[PDB]
Amino acid sequence: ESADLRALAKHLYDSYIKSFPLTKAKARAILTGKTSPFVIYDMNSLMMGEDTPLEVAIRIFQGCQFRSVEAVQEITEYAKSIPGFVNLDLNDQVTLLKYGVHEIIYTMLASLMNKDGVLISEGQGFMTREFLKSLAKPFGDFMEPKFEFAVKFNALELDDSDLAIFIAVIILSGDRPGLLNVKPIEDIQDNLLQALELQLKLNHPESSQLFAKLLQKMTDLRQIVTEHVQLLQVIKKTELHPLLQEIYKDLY
Amino acid sequence: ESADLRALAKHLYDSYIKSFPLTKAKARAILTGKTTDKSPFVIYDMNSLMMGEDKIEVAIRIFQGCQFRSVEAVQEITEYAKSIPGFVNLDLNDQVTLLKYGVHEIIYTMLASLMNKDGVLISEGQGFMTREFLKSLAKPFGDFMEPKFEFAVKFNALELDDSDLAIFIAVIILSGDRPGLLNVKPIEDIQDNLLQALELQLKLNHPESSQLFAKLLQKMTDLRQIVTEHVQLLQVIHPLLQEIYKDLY
Ligand SMILES: CN(CCOc1ccc(C[C@@H]2SC(=O)NC2=O)cc1)c1ccccn1
Ligand SMILES: CN(CCOc1ccc(C[C@@H]2SC(=O)NC2=O)cc1)c1ccccn1
């Protein structure tokens, strides 16, 4: 029943707004001429951006690291709002979060991104892509895939109410390793995919196959995480915040 | 025909899953360190014993507690047997003579899935009672569990999984040497077919393991020796079990 699906969509959108403060609409308002944040483009501009003696990439890197730990509490709160979720084997509840969190972190980071760079700290600042492309040797290309994805993903032109269902669809995947009770998982996701599809048909009629195109984005998204951990295997060789270790262990 | 035996194996595996909630793939998950969020309560002595009631003579409180899942295990076993191709079509009392003598042999086989060196999972994998704690009980219950642990340690070295276990369960059911059997020919017909399927299954799942088939059929001796030694030990001291101990041997 379609109205049951629309009700599903509104519940996720409402919950989404409560869990996540820097929504895409806000961020796109900031990024456009419709509100102002300090721009970091080289690093003369970086440390006038502190308002320091004497490596910058590591507290950028660990800066990134702790928005990850802020985002995890939000996502987890969000997930609790997905109908059928808390009612799952708590062992699958953490497998789902374990393999869902970075895919969502990167989906939502594209919202705070355009082709020049990325909104940082609740919209306070804006660091550029070419500046991130110019960081210290083991780093300096850790953002570039996120950016490549951000442009392709933002071309779909999703808004927050699309993104709320899509985020849920990611969490309830029936292909996570460690998934014991699968049938309840695929049962909810199949319902979320119907809601999404309907939500795509109403909100973007001009877009042919937008559903399809979006599901496909899931492959670049997975590829972001997979490449980032094999990047993470170059930093503790050659040359990280607790909560992350546990997520990264036994992760393919 | 090879592919049919495979097909027979799947039918058995799927019914095994359905009829048995506490499986070995999950039971081991608990027992290893792979369930990194929900873990069972340990009962390793007296003070840990009862502080547990809020989480899961005391000779009896464990004793009957066995019997009721033993009497509960009976349903899902008996339930299982009716998915075994050509079982319902058997004789309707060699059907029950078969269930009669094998029920325990099976429960003891599936008890080993929930066992390791230290103790045994209980109540839907919510508790875990140590073997030493069992050998230290009142009465002569004090060694009511020990042969079964002895069995498990040996049986688990065979390293069997559920899809292996599903088939072996059926091989036990359709014996061909219960006493109460008259229409025996059609049962040794089905077991002939189950054994082919087991043997082919074991070739595929365990190449590395030499004569795993024969080693596995041999475990059947110790297996019924357990049920045997068991009610020699139930003379020294529920309704449904009593029917079942009916001069069993
Ligand atoms: C340029 N930007 C935006 C990038 O913001 C993020 C980039 C990557 C992540 C994923 C983290 S980083 C890691 O190793 N693991 C993770 O989960 C999370 C956020 C900055 C820069 C400084 C401070 C905060 N933001
Ligand atoms: C240590 N464990 C696992 C043993 O679980 C069982 C042990 C024996 C049986 C066979 C029963 S006992 C008897 O005399 N006759 C029977 O048919 C059935 C189950 C506990 C401990 C407490 C409660 C339940 N389990």
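Here is how names work: the chains are called A, B, and so on, in the same order as the sequence lines, proteins then strands, and each is numbered from 1. Heads up, header says this was done by X-ray crystallography, 2.6 Å. Note that ligands are numbered from 1 as they come in the structure, with each ligand's atoms numbered from 1 the same way.
Looking at ligand 1, the drug there is rosiglitazone. Per UniProt, the macromolecule in most contact with rosiglitazone (ligand 1) is Peroxisome proliferator-activated receptor gamma.
For rosiglitazone (ligand 1), the other chains with a heavy atom below 4.0 Å are labelled A. Heavy atoms under 4.0 Å from rosiglitazone (ligand 1) belong to A/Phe61, A/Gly63, A/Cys64, A/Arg67, A/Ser68, A/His102, A/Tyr106, A/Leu109, A/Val118, A/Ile120, A/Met127, A/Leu132, A/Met143, A/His228, A/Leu232, A/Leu244, A/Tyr248.
Near A/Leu132, the atoms of rosiglitazone (ligand 1) lying under 4.0 angstrom from a non-hydrogen atom of the residue are 1 (C). At the top of the distance list for atom 25 (N) of rosiglitazone (ligand 1), counting protein heavy atoms only, stands A/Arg67 NH2, 3.1 Å. In terms of protein heavy atoms, atom 2 (N) of rosiglitazone (ligand 1) is closest to A/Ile120 CG2, 3.4 Å.
Residues flagged by UniProt as binding rosiglitazone in chain A that sit under 4.0 Å from rosiglitazone (ligand 1) (heavy atoms): A/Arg67, A/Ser68, A/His102, A/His228, A/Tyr248. At the shortest separation from atom 4 (C) of rosiglitazone (ligand 1) among protein heavy atoms lies A/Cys64 SG, 3.6 Å.
Close contacts of rosiglitazone (ligand 1) with A/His102, meaning ligand atoms under 4.0 Å from a residue heavy atom, involve 16 (C), 17 (O). Listed by number with element, the atoms of rosiglitazone (ligand 1) under 4.0 angstrom from any heavy atom of A/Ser68 are 9 (C), 10 (C), 11 (C), 16 (C), 17 (O), 18 (C). Across chain A, the UniProt domain dominating contacts with rosiglitazone (ligand 1) is NR LBD. The source field of the entry for chain A reads Homo sapiens. Listed by number with element, the atoms of rosiglitazone (ligand 1) under 4.0 angstrom from any heavy atom of A/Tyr248 are 13 (C), 14 (O), 15 (N), 16 (C), 17 (O).
For rosiglitazone (ligand 1) and A/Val118, the ligand atoms under 4.0 Å from any heavy atom of the residue are 1 (C), 3 (C). The distance from rosiglitazone (ligand 1) to the heavy atoms of A/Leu232 drops below 4.0 Å at these ligand atoms: 14 (O). Using a 4.0 Å cut-off to heavy atoms of A/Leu244, the atoms of rosiglitazone (ligand 1) that qualify are 15 (N), 17 (O). Residue A/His228 has at least one nitrogen or oxygen atom sitting less than 3.5 Å from a nitrogen or oxygen atom of rosiglitazone (ligand 1), judged on distance alone. Short contacts between rosiglitazone (ligand 1) and A/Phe61, defined as distances under 4.0 Å to a heavy atom of the residue, involve ligand atoms 14 (O). Rosiglitazone (ligand 1) has no nitrogen or oxygen under 3.5 angstrom from a nitrogen or oxygen of A/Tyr106.
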